[PDB]
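Down below is the structure, laid out as structure tokens.
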Amino acid sequence: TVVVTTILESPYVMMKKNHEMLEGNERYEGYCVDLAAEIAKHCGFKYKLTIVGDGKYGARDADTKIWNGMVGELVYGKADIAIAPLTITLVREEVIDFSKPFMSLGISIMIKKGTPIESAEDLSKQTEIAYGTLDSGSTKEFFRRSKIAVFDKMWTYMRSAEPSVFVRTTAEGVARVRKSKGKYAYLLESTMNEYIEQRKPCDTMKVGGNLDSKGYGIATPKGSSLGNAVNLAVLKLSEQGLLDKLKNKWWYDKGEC
Amino acid sequence: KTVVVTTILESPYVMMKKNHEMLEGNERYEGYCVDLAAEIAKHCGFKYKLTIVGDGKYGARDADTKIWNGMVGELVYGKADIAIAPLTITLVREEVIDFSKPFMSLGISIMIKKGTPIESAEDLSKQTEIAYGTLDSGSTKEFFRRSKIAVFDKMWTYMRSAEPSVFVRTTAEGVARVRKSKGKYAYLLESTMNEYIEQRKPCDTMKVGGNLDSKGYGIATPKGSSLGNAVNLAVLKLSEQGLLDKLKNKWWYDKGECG
Ligand SMILES: O=c1[nH]c2cc(C(F)(F)F)c(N3CCOCC3)cc2n(CP(=O)(O)O)c1=O
Ligand SMILES: CC(C)S(=O)(=O)NC[C@@H](C)c1ccc(-c2ccc(C#N)cc2)cc1
Ligand SMILES: N[C@@H](CCC(=O)O)C(=O)O
């Protein structure tokens, strides 16, 4: 049985409202739950979905040097595959493998409606409105490493801001936007931002274009016997239209806003 | 050893400079993929020679002979070390060569003559006054032939049965058809080429609607080549540093003719 690490992040993996009456994989629903089923079918394996123990995507701890989150679960042999909104990055590709992308995204800005910010440059040129990112993910590392003038200015501020502008979970960042009376903006991936913007309480907005352009991939440990097959499966699902079918299903706008 | 790069003359990826007769070797060429090749080579620490694929093809396997043509063939049969071109990452190609993570995103898109009352594939599908079509052979046609989506299947049925033929042999013919048809022909093609042509004089074409699918172009190496890892890491670095975005802007918009 293949151990699949993943993360509770809507609409990728979500606990069903009736999860108590259910066991195993049937406890969960979402884009990545459907994707896991399709990959497993095409690759011919049985699997168990497991939510990442520390609730993190994955970064290499600065002093400790140890990987956390889903990345760490792969690196240290606790899981066989990650099927999640896990961003393909250079530092990760040094220690794990990724399929070609199954979904596009870029870093984006979420504000509470009415916040006088329209761009990353707007954020960088002021301090009245605080802004931050998720801990232990690709967005924070993006800002840490960027030499683009605006993004570097943003990083210089975020790293030293106090109270801390970083959050432990996407939900914490979104809640902070909603409760901060326009004084906190959140930097998060466009396909989470967009999902949230279309749903009640309809009090957030995505502003400006995306800051970058990348993708999520299915990740395996180096030398995994699954790597090649999983990549070909993603490509087949892409060419079959299945990935777009799943995206359109899970991001379907029911017109709540 | 000098790395043999296979590529293709496709604008704005690779083209011969106006003064190419005064120049030699790689200096003869310019474009997005010429710039990309230099950055990849710098990061990987190799010298290289740009060579143009003999048959002018990207790469497909003949059903009868089983022979791979194009740049894919050059890699498969060990004639080139790397392909640096707008080469689409596909299942059948990934089975025989290695690809880097993609350096560019693309999808099927709609080109209209400015003024045409069409904003989407669904708009096209509902009508016949504005004819529409694509290359008579290729991935866009096959997308429509396979599609289970109602709108796209209706478009396929329309295109396959339309008289006169709504298909074209080349993009040059497709674009000329859009420009000469007074708004009565729309052309379906990859977003990247649509965006490029939107920036060419006489500035009378327009990309409309969202892309209908999602794919990527990648750098390819022979399967199991030891160059593959460094190349992939170089692509990831160039992506994260914003260099790929700079290159797209340079060749599509800074050198664009339409504002
Ligand atoms: O790997 C591939 N890369 C391709 C790259 C391009 C370009 F856009 F120019 F970069 C194009 N064009 C489509 C529009 O008309 C001009 C040429 C075709 C490509 N094809 C064949 P397709 O997939 O049948 O279209 C491939 O196979
Ligand atoms: C980390 C980066 C080098 S990357 O993200 O690997 N590639 C850089 C970008 C510009 C890109 C991003 C995404 C897709 C894509 C391809 C296919 C499907 C599907 N289905 C969805 C998205 C293509 C190119
Ligand atoms: N997808 C990101 C998590 C979200 C973010 O960093 O904004 C990752 O893989 O790290």
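Protein chains get the first letters and strands the later ones, always in sequence-line order, with residue 1 at the start of each. When reading the values below, keep in mind they use all heavy atoms of this one structure, side chains included, and skip hydrogens, waters and symmetry mates. Header says: X-ray crystallography, 1.5 Å. Both counts, for ligands and for their atoms, begin at 1 and track the order of listing.
Among the choices PLX3397, AZD5438, ENMD-2076, ZK200775, the one modelled at ligand 1 is ZK200775. The macromolecule with the greatest number of heavy-atom pairs within 4.5 Å of ZK200775 is, in the PDB entry, named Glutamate receptor 2. Taking 4.0 Å as the heavy-atom limit, the other chains contacting ZK200775 are B.
Of all protein heavy atoms, the one closest to atom 13 (C) of ZK200775 is B/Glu190 OE1, 3.0 Å. Checked against a 3.5 angstrom limit, the closest N/O atoms of B/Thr88 and ZK200775 fall inside it. Entry annotation: the source organism of chain B is Rattus norvegicus.
The protein heavy-atom contact nearest to atom 20 (N) of ZK200775 is B/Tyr58 CD1, 3.6 Å.
When only non-hydrogen protein atoms are considered, atom 14 (C) of ZK200775 lies nearest to B/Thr171 OG1, 3.3 Å. Of all protein heavy atoms, the one closest to atom 10 (F) of ZK200775 is B/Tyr217 OH, 3.3 Å.
In terms of polar-atom proximity, B/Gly138 is not counted as a contact of ZK200775, lacking any N or O under 3.5 Å from an N or O of the ligand. Judged by heavy-atom distance, the UniProt L-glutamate-binding residues in chain B that approach ZK200775 within 4.0 Å amount to B/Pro86, B/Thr88, B/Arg93, B/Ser139, B/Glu190. Those atoms of ZK200775 with a heavy atom of B/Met193 less than 4.0 angstrom away are 8 (F), 9 (F), 16 (C). Applying the 4.0 Å criterion to heavy atoms of B/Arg93 picks out, from ZK200775, the atoms 1 (O), 2 (C), 26 (C), 27 (O).
In this structure, atom 22 (P) of ZK200775 lies nearest to the protein heavy atom B/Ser139 OG, 3.4 Å. For atom 3 (N) of ZK200775, the closest non-hydrogen atom of the protein is B/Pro86 O, 2.8 Å. Looking only at heavy atoms of the protein, atom 17 (C) of ZK200775 is closest to B/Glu10 OE1, 3.5 Å. Close approach of ZK200775 to B/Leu87 is summarised as follows: ligand atoms under 4.0 Å from at least one heavy atom of the residue are 1 (O). Set against the non-hydrogen atoms of B/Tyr13, the atoms of ZK200775 under 4.0 Å away are 10 (F). The binding site of ZK200775, defined by non-hydrogen atoms within 4.0 Å, is formed by B/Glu10, B/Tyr13, B/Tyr58, B/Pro86, B/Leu87, B/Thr88, B/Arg93, B/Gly138, B/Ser139, B/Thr171, B/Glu190, B/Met193, B/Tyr217.
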